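Heads up: numbering here begins at 1 and tracks the sequence. Below, each value reflects all heavy atoms present in this structure, side chains not excepted, and no hydrogens, waters or symmetry copies. All ligand and atom numbering here is 1-based and tracks the order in the structure.
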Amino acid sequence: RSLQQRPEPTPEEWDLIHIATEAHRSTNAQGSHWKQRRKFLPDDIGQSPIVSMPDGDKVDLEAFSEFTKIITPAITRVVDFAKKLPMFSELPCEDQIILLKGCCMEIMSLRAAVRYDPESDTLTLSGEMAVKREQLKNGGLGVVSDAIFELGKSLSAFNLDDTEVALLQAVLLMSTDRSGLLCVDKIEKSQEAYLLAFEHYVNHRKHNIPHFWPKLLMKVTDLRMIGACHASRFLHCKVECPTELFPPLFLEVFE
Ligand SMILES: N[C@@H](Cc1cc(I)c(Oc2ccc(O)c(I)c2)c(I)c1)C(=O)O
């Protein structure tokens with residue numbers, strides 16, 4: 001360890017890595033059998049954008065409905081992921097709440113993006129619903145969909161395993177650029193530990209791409225950006241459409 005040229009995970013990092021990975025696996029829909037269980041979203045759904053949005057990319061109500069009918073269990077599984085992480089569970093529940101809201105979209109988007117299928121040109125939502133670029137964009141997301149598609153297409157070269165996704169999620173979670181946090185230092189400290197463990201795991205993996213780590217960290221920024229666009233776009237939807245169309249937990253996370 002450190003053994004070939006680049007530092008390997010420490011024993012303490014191996015532990016943190018194992019805990020994060022299992023946290024992700026146990027909360028990640030349809031594990032390694034998503035390619036056989038997924039049903040495509042019918043091609044007549046997603047083609048009819050008619051509710052206006054401030055930026056001019058309209059919303060298709062039927063598609064919004066399809067995506068939001070399945071969103072609660074998806075958000076629920078991100079809450080579940082976070083809770084299996086000891087540095088998350090031991091925070092005040094105020095802090096817990098703020099962190100989940102700050103990273104929910106980021107983690108859900110990542111999870112869809114790692115399930116980008118090149119041959120059909122689709123993302124898989126919750127390991128069960130394979131969607132095209134147009135359907136997802138028209139259903140609410142607008143250009144955020146082009147962003148997750150663009151991220152998913154570029155990640156196929158990266159060959160991320162379950163651990164790098166889990167650690168990516170954990171770094172997205174433990175982030176201090178949110179308003180209203182109590183335990184700011186404990187969070188930074190916990191993020192730093194994941195980042196280092198992450199880096200050293202990437203070292204252990206020996207990817208065939210040069211400069212893998214900074215390339216990966218740049219994919220982090222893309223997610224945060226996807227996250228911030230969605231929070232802008234969510235706010236506009238809440239303005240255009242009635243409450244009744246939004247599942248209580250969807251509202252609770254993004255409102
Ligand atoms: N693929 C994920 C779950 C996941 C689910 C859904 I519904 C998604 O579409 C969204 C999200 C937000 C919105 O505001 C709208 I409208 C749509 C995405 I991107 C991801 C997983 O495996 O957990």
*If you rank chains by contacts with ligand 1, which one has the most, by name in the PDB entry?*
THRA protein
*Under what name is the drug at ligand 1 recorded?*
liothyronine
*Name the closest protein heavy atom to atom 12 (C) of liothyronine, giving the residue it belongs to and the distance to 0.1 Å.*
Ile71 CD1, 3.6 Å
*Does liothyronine have a heavy atom under 4.0 Å from the side chain of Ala74, from its backbone, from both, or from neither?*
side chain
*asked:* Within the 4.0 Å heavy-atom shell around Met108, which atoms of liothyronine are there?
replied: 1 (N), 2 (C), 20 (C)
*Interfacing atoms of liothyronine (cut-off 4.0 Å, heavy-atom, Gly139)*: 16 (I)
*Counting each atom of liothyronine from 1 as listed, which ones have a heavy atom of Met105 under 4.0 Å away?*
11 (C), 12 (C), 19 (I)
*So is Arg77 polar-close to liothyronine, meaning N/O to N/O under 3.5 Å?*
yes
*Mark the output for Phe254 as yes if a heavy-atom distance to liothyronine is under 4.0 Å, and as no if none is.*
no
*Under a 4.0 Å heavy-atom limit, does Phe234 contact liothyronine with its side chain, its backbone, both, or neither?*
neither
*asked:* Using a 4.0 Å cutoff against the non-hydrogen atoms of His230, which atoms of liothyronine qualify?
replied: 12 (C), 13 (C), 14 (O)
_Could you work out, for atom 18 (C) of liothyronine, the closest of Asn138, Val59, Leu125 by heavy-atom distance?_
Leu125
*What organism is named as the source of chain A in the metadata of the entry?*
Homo sapiens
*asked:* Quick test of your reading of the structure: of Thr124, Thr27, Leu141, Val131, whose heavy atom lies closest to atom 10 (C) of liothyronine?
replied: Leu141
*Give the residue list for liothyronine, heavy-atom cut-off 4.0 Å.*
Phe67, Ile70, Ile71, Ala74, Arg77, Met105, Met108, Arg111, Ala112, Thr124, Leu125, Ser126, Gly139, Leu141, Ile148, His230, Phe250
